[PDB]
Novice: 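I'd like to talk through a structure of tafamidis bound to Transthyretin.
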There are 4 protein chains.
Amino acid sequence: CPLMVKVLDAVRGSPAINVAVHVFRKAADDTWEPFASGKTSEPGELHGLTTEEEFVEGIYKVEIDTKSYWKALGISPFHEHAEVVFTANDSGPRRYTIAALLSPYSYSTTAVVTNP
Amino acid sequence: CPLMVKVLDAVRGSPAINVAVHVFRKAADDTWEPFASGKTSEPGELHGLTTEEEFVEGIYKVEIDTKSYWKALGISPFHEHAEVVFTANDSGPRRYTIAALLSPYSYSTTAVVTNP
Amino acid sequence: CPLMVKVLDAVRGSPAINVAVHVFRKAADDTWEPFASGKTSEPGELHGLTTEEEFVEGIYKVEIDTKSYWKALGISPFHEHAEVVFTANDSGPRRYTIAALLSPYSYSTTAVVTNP
Amino acid sequence: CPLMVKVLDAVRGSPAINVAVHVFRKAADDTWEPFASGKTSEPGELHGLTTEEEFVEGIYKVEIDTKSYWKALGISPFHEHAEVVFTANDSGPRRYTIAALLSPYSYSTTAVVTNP
Ligand SMILES: O=C(O)c1ccc2nc(-c3cc(Cl)cc(Cl)c3)oc2c1
Ligand SMILES: O=C(O)c1ccc2nc(-c3cc(Cl)cc(Cl)c3)oc2c1
């Protein structure tokens, strides 16, 4: 999979299930174009977002709807969403895991980038 | 100072100095209006962004130009920038510290919301 | 696997390979007894540390030798090691993933706990 | 103040107040000698732990009693405590801030090492 998202919950010590994720690609007119979307499944993972052929060089945005997640557990969170923005495949194709660790008033995000 | 920003470097164990920060407010029309900007000082802080009068309830975005910071150090970074999007709510007096901890392929952010 | 360790590198955006990990269990005389050890493999994972039958209730310590890792890349890190200490299986058997994200002057750790 | 400790709560977006901290120094004989302790104050800080005279090169351990902090809030935590182990080196004047960000199943820590 060229693009995978992994979300974890720091409060419950569990994968973050049913979290909505939207991915955008920057178009030539500098607007964000919709690229792919999905919801995390039971291990907190979102697979199947794109293919190698479609995932060309560009600037991508991964938006994680953290607010809906915390609201469904009763918590009013601080952030509206978590956004990760990066250039992808500018030196050739890579495989990208975007991971996020979520708390109500905090989040962390890292990237694991591997060369197939 | 209802709004302060603090930026730390996880690679060198130092405040992140000379980091550009821009702050935006969501307009009645769905777009981001420039609200305030600055560069972090020696203790990695940015003060004096707004006043109690102007800092009304709303949705705000803090953008931190992480990519120029790592490029200045000779380290190749993943993210184009770090963004923090949140709602500011009147519900007591409230001062906001937005803190960010930076690594080349990872960042963390938290909010410290106190009341004087 | 009842106990799995996952280590990531925040500087290179890669799994942390060949990291030594030592696991201890608190004995009845309040000393730390050696329980298991290993080195992370290519995806940054350490499997095979114990079995369900051997992994009884108790207090466990997972020590990750972060210093040797950073020294082998040329960096003098801040921490001597990263230690995670927790009670395990006190409500029945669980499966535990201990994850760590490493920078030279920082680290993060979380736990994912699942009920088989 | 060559040594300061700061503790933040990621669940409530607040300084972590009344957290017990103990500091240890590694003795010529491989054991941890008590060096200093205290409880965090309102801004989540612990000051006045040592002096420039006493704070000699060595290996130090900072232990943060996270488990009592979460139990006070009615939240079931994973870790028994958070420990930070590091070497203090004479190589310039150096003041150490040890910062920790706390969630029930996760914590992060960083060091801010500056020079006056
Ligand atoms: O690729 C996977 O399977 C995978 C697994 C566990 C993982 N744990 C982390 C993780 C840990 C901390 Cl403390 C902070 C953040 Cl942002 C991430 O990312 C993971 C990725
Ligand atoms: O030295 C201070 O005064 C001071 C202030 C705010 C601070 N916020 C951080 C912080 C942020 C994140 Cl996301 C993760 C971690 Cl571990 C730490 O450390 C601080 C230190």
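The first sequence line is chain A, the next is chain B, and the lettering continues from there. Here the PDB entry sets the residue numbers for chain A, with the shown residues being 10-125 in order. In chain B, numbers come from the PDB entry; the residues present are 10-125, in order. The numbering of chain C matches the PDB entry: 10-125, in order. We number chain D the way the PDB entry does; in order, the residues shown are 10-125. Just so you know, ligand 1 is whichever comes first in the structure, and atom 1 is the first atom listed for that ligand.
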Novice: What other chains come closer than 4.0 Å to tafamidis (ligand 2) by at least one heavy atom?
Specialist: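 Heavy atoms from other chains: B, D.
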Novice: Return the residue, atom name and 0.1 Å-rounded distance of the protein heavy atom closest to atom 11 (C) of tafamidis (ligand 2).
Specialist: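 For atom 11 (C) of tafamidis (ligand 2), the nearest protein heavy atom is B:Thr119 CG2, 4.0 Å.
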Novice: Which atoms of tafamidis (ligand 2) are found less than 4.0 Å from any heavy atom of D:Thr106?
Specialist: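 The atoms of tafamidis (ligand 2) under 4.0 Å from a heavy atom of D:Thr106 are 1 (O).
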Novice: Look at atom 5 (C) of tafamidis (ligand 2) and say which protein heavy atom is nearest, naming residue and atom and giving the distance to 0.1 Å.
Specialist: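 Scanning the protein heavy atoms, the shortest distance from atom 5 (C) of tafamidis (ligand 2) goes to B:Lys15 CE, 3.7 Å.
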Novice: Taking only heavy atoms of D:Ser117 into account, list the atoms of tafamidis (ligand 2) that are under 4.0 Å away from them.
Specialist: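 Near D:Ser117, meaning under 4.0 Å from one of its heavy atoms, tafamidis (ligand 2) has 16 (Cl).
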Novice: Provide the covalent bond partner for tafamidis (ligand 2): one residue and one atom, or none.
Specialist: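 Covalent attachment: none.
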Novice: Enumerate the atoms of tafamidis (ligand 2) whose separation from the nearest heavy atom of B:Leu17 is less than 4.0 angstrom.
Specialist: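 It comes down to these atoms of tafamidis (ligand 2): 9 (C), 18 (O), 19 (C).
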Novice: Atoms of tafamidis (ligand 2) less than 4.0 Å from B:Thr118 heavy atoms?
Specialist: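 Heavy-atom distances to B:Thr118 below 4.0 Å select 13 (Cl).
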Novice: Please could you name the atoms of tafamidis (ligand 2) that B:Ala108 approaches to less than 4.0 Å, counting only its heavy atoms?
Specialist: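 Heavy-atom distances to B:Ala108 below 4.0 Å select 8 (N).
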Novice: I need the nearest protein heavy-atom contact for atom 12 (C) of tafamidis (ligand 2): residue, atom name and distance, please.
Specialist: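 It is D:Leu110 CD2, 3.9 Å.
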